J.: 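Take this structure first; my questions come after.
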Amino acid sequence: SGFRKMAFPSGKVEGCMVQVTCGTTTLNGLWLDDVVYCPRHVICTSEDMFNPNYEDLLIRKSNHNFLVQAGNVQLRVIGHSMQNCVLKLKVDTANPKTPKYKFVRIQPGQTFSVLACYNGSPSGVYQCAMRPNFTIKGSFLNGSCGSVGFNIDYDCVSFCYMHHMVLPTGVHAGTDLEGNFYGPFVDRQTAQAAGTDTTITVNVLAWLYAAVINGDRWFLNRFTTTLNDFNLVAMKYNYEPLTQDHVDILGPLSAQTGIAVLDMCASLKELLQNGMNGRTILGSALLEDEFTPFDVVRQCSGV
Amino acid sequence: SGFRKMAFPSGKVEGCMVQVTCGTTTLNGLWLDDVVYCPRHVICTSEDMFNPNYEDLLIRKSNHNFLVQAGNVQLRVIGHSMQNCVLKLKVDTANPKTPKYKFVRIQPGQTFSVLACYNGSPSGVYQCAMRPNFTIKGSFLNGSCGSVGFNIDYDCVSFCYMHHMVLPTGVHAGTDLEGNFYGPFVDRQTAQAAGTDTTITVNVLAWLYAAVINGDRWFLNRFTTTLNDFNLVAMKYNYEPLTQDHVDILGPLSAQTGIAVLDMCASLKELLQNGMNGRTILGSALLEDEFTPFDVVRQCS
Ligand SMILES: *[C@@](O)(CO)[C@H](C[C@@H]1CCNC1=O)NC(=O)[C@H](CC(C)C)NC(=O)c1cc2c(OC)cccc2[nH]1
Ligand SMILES: *[C@@](O)(CO)[C@H](C[C@@H]1CCNC1=O)NC(=O)[C@H](CC(C)C)NC(=O)c1cc2c(OC)cccc2[nH]1
Ligand SMILES: [Cl-]
């Protein structure tokens, strides 16, 4: 009963967050086994940040140049390497609270939980989606760098995002835990624009099924559409094309509600062409696209 | 800003969640020091649930009828009592993960994080607002009662909600950690209707202050009002009347922007009587009422 933007419980990640300081720069790090992972621009200065030759700046640093603090305990750095935009600080102590984990690179349209952290301390947790243009619409303030995004499957934490940047438009950019940015961004102190964003169509459809499962059907109609005719209209409105894989992934929700996927597409088509007028869906005046089919299934199955 | 619903990190509460079973009835409990708190209806059999006599059901129970488990590890129950709609089970082990905590009863409009749990295992965390009609718009499946709502201040967890009921309309109802329901509801297997809901005025005002902090201030007018005058008008638009506490918790935002609370109230009054006239505030044509003055500062600071 009910439907809400839900994040995974953050405890397993809270126990990995530490504070990393180099010179006058302080941000968050992720302590897994005997390594602390953080954004490499912590080794920058105020001047370096506009065009940093990271390899050149890193060689000039010593292990003792890195102050790592887990609570009221200082961790001794005994090694340091760089993997793309991620600094890897070897410490003399394995984190005793390390969970079962892996590093994964998430795909656009997929969701993850963000643990926002400042000075190594967790501050809040919320759910985000990888936008088609590889930005995320996060909530990050000064000092949030090194905050991580993750999913949980059973006891396994899959880390997928580390936070680096805010764009002039207010959306955010970061890397996976191998230090590769999502999108065309670069960890230099410059104003960067993203590619034109699109709406995550399969997620909007999942969310419409959620609204039906929660007893709201005002947007349904008797009509049906072909996949291609739907995609022509969606593309006109800057919606991502719906693939057959997307159609299949929506199977369960379609079965649960007995509304054919292409039947829901006809409803979305009508919503795009006419608008919602004054009405709302699941409390929103806008078409929500940051719930995946799985998000909806986990909250609405058997409901 | 980028105003999202943001929950508190849930780890301190995860370490307190257990499952409690009586017969085949299982739900969640909260293990703090050597006490486990849980909804008293765990002692009901499927059939008792329509109009239980809890005092009578409970006199027929002994400590050894209660199965409390942290994961798969049983915690022996050595004492039991009922306090309103909550059962308190004394166990022989003090929870080593017990945080600093208090039990607080919140006012309508206040927000809190809900850690949804099933069979003692946390599954998700999200932010809720206590509606003026004492419901919350949660996301709760079978097996969710005993899940708790909380705030975190410094290192201290303030527990404010324990889940008990879903209403016919799909909203949710529950108690504080002393077992006292929010609103007129009771822990019975019966359809219970919530009063008509109203908009949380104090939070709308917080949201307007947030808009002003962000340079979005077209709606400010050069008027002020009395609190009485505003309340009388607000009620005609199904808005909650403001209290002195509401005026007080808006103080920091009023000082930050230099706009007196009653001046902001006159601006809201004009929006109510005239509408948005096809404009948006913070990007939305809807006025948001689920961010408290604290949430605003917190997300902006
Ligand atoms: C990290 O905390 C830095 O350690 C920080 C996160 C942002 C601060 C405000 N909100 C955030 O998400 N990241 C930065 O400050 C990065 C640092 C780079 C990678 C060296 N830079 C930016 O986010 C950045 C720079 C510029 C800019 O130039 C100058 C112009 C416009 C936007 C912009 N963002
Ligand atoms: C707890 O998990 C029970 O342990 C459960 C929470 C709901 C399950 C689905 N979503 C929830 O939020 N609570 C209940 O089942 C309670 C049990 C009472 C306290 C004995 N009852 C209800 O939620 C309930 C019963 C009825 C009803 O009857 C008749 C008619 C309409 C609504 C309704 N809700
Ligand atoms: Cl039910």
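Chains are designated A, B, ... according to the position of each sequence line. Following the PDB entry, chain A residues are numbered 1-303, in order. To match the PDB entry, the residue numbers of chain B are left as they are there, and the shown ones run 1-301. Ligands are counted one by one from 1 in listed order, and the atoms in each one are counted from 1 as well.
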J.: What is the identity of the drug or drug candidate at ligand 2?
T.: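 The drug there is PF-00835231 (bound form).
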J.: I keep wondering which chain grabs PF-00835231 (bound form, ligand 2) the most here. What name does UniProt give it?
T.: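 Main partner, per contacts: 3C-like proteinase nsp5.
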J.: Which other chains have a heavy atom under 4.0 Å from PF-00835231 (bound form, ligand 2)?
T.: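 Under 4.0 Å by non-hydrogen atoms: A, B.
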J.: What would you say the binding site of PF-00835231 (bound form, ligand 2) is, if we count heavy atoms under 4.0 Å?
T.: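 Non-hydrogen contacts come from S1(A), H41(B), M49(B), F140(B), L141(B), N142(B), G143(B), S144(B), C145(B), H163(B), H164(B), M165(B), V166(B), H172(B), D187(B), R188(B), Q189(B), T190(B), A191(B).
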J.: I'm looking at PF-00835231 (bound form, ligand 2) in this structure - which UniProt domain of chain B has most of the contacts?
T.: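 Most residues touching PF-00835231 (bound form, ligand 2) lie in the UniProt domain Peptidase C30.
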J.: Please indicate whether any nitrogen or oxygen in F140(B) is less than 3.5 Å from any nitrogen or oxygen in PF-00835231 (bound form, ligand 2).
T.: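 Yes, since at least one N or O of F140(B) sits under 3.5 Å from an N or O of PF-00835231 (bound form, ligand 2).
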J.: Specify the source organism of chain B, per the PDB record.
T.: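 The entry records the organism as Severe acute respiratory syndrome coronavirus 2.
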J.: So, is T190(B) polar-close to PF-00835231 (bound form, ligand 2), with some N/O to N/O distance under 3.5 Å?
T.: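 Yes.
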J.: What atoms of PF-00835231 (bound form, ligand 2) come within less than 4.0 Å of a heavy atom belonging to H163(B)?
T.: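 This gives 6 (C), 11 (C), 12 (O) as the contact atoms.
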J.: Covalent bond partner of PF-00835231 (bound form, ligand 2): which residue and atom, if any?
T.: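 Modeled covalent link: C145(B) SG.
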J.: Using UniProt active-site annotations for chain B, which residue is nearest to PF-00835231 (bound form, ligand 2), and how far is it in heavy-atom terms, to 1 Å?
T.: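 Nearest UniProt active-site residue by heavy atoms: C145(B), 2 Å.
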J.: Show the atoms of PF-00835231 (bound form, ligand 2) that are less than 4.0 angstrom away from any heavy atom in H172(B).
T.: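 Heavy-atom distances to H172(B) below 4.0 Å select 12 (O).
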J.: Which of the numbered atoms in PF-00835231 (bound form, ligand 2) are under 4.0 angstrom from any heavy atom belonging to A191(B)?
T.: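 Listed by number with element, the hits are 27 (C), 28 (O), 29 (C), 30 (C), 31 (C).
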